[PDB]
Peer 1: 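Quick one: the structure is below, and I'll ask about it shortly.
By convention here, the first residue in the shown sequence is residue 1. Each ligand, and each atom within it, is numbered from 1 in the order the structure gives. Only this structure's heavy atoms are used, side chains among them; waters, hydrogens and symmetry mates stay out.
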Amino acid sequence: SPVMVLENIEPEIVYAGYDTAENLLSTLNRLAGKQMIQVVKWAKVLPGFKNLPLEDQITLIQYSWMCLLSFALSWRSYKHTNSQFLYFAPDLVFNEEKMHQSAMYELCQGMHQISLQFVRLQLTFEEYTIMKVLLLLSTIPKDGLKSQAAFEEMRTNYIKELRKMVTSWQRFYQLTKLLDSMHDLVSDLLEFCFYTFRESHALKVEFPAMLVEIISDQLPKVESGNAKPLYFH
Ligand SMILES: CC(=O)[C@H]1CC[C@H]2[C@@H]3CCC4=CC(=O)CC[C@]4(C)[C@H]3CC[C@]12C
């Protein structure tokens, strides 16, 4: 039973341990590193995904960590603030002022825009959950994965699970359209993230060992079009 397993393994609260732009960004990076810990424990108990060679699991996670965390940022903003603010952590909610101080003001707007989508679609917890798994399987290597045959079977099943959900019948295509749009939002998130990373030493913006670990060997798997985003439309 996919749905029941998905809600149970869903990670829980996590403090960021909370003011210039550099300190604000350093904080979110540390919070990111702490959230990626919950993402790793969550994925390892994920149906299907946990049976693919460990190499595919790690790769998929590195291609999609930004998706998963920002998408969650939305669920959280949706649930705790009716999408009115950015709920990164309990001790750190963002409003236009904050979004401004992080030197991240447009990027914030885009995420807040996803949240707004949630309240408008009246997104469901059951939908959210399956959708977060699909985001995990939203980007693959340009020429395919090791166990590609297995990958597609699993991905098709979760797509089927989302279908079982919505069955008005159009809501399906609405949620999968929303999923494709996430790609656009995350591609901008990463470009800015890749830049701050490259200048971290000069900008005084702290990045956790984990994020450094991921972003580092992610760039090579992306550059020269070595990555392939999967869309529904
Ligand atoms: C400083 C920086 O480049 C920013 C740009 C987009 C930002 C990320 C946006 C998505 C996100 C949501 C969270 O709830 C935790 C922190 C993260 C993972 C953010 C950490 C800081 C990033 C990587």
Peer 1: Can you tell me what they call the drug at ligand 1?
Peer 2: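 Found there: progesterone.
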Peer 1: Which chain is the chief contact partner of progesterone (ligand 1) here, given by its name in UniProt?
Peer 2: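 Most heavy-atom pairs under 4.5 Å are with Mineralocorticoid receptor.
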Peer 1: What are the atoms of progesterone (ligand 1), with element, lying closer than 4.0 Å to any heavy atom of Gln35?
Peer 2: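 It comes down to these atoms of progesterone (ligand 1): 13 (C), 14 (O), 15 (C).
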Peer 1: State the UniProt domain of chain A with the most residues near progesterone (ligand 1).
Peer 2: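 Those residues are mainly in the UniProt domain NR LBD.
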Peer 1: Filter the UniProt aldosterone-binding residues of chain A to those with a heavy atom under 4.0 Å from progesterone (ligand 1), and list them.
Peer 2: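 From UniProt's list, the heavy-atom cut-off leaves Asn29, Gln35, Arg76, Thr196.
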Peer 1: Which organism, per the PDB entry, is the source of chain A?
Peer 2: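 The entry lists the source of chain A as Homo sapiens.
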Peer 1: Where does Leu69 meet progesterone (ligand 1), judged by heavy-atom distances below 4.0 Å: at the side chain, the backbone, both, or neither?
Peer 2: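 For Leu69, the contact with progesterone (ligand 1) is made by both the backbone and the side chain.
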Peer 1: Just going by heavy-atom distances, which of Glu191, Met104, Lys34, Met111 is nearest to atom 7 (C) of progesterone (ligand 1)?
Peer 2: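 Comparing heavy atoms across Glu191, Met104, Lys34, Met111, the nearest one to atom 7 (C) of progesterone (ligand 1) lies in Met104.
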Peer 1: Only heavy atoms of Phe192, strictly under 4.0 Å: list the atoms of progesterone (ligand 1) that pass.
Peer 2: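 Contacts of progesterone (ligand 1) toward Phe192, numbered from 1: 3 (O), 5 (C).
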Peer 1: Heavy atoms only: which of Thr196, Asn29, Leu92 lies closest to atom 21 (C) of progesterone (ligand 1)?
Peer 2: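 Of the listed residues, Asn29 has the closest heavy atom.
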Peer 1: In chain A, which residues that UniProt lists for 21-hydroxyprogesterone binding have any heavy atom less than 4.0 Å from progesterone (ligand 1)?
Peer 2: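 Going by heavy atoms, UniProt's 21-hydroxyprogesterone binders that qualify: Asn29, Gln35, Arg76, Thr196.
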Peer 1: Enumerate the residues contacting progesterone (ligand 1) with a heavy-atom distance under 4.0 Å.
Peer 2: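 Heavy-atom neighbours of progesterone (ligand 1): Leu25, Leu28, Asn29, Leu31, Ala32, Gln35, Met66, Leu69, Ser70, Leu73, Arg76, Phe88, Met104, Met111, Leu189, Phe192, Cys193, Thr196.
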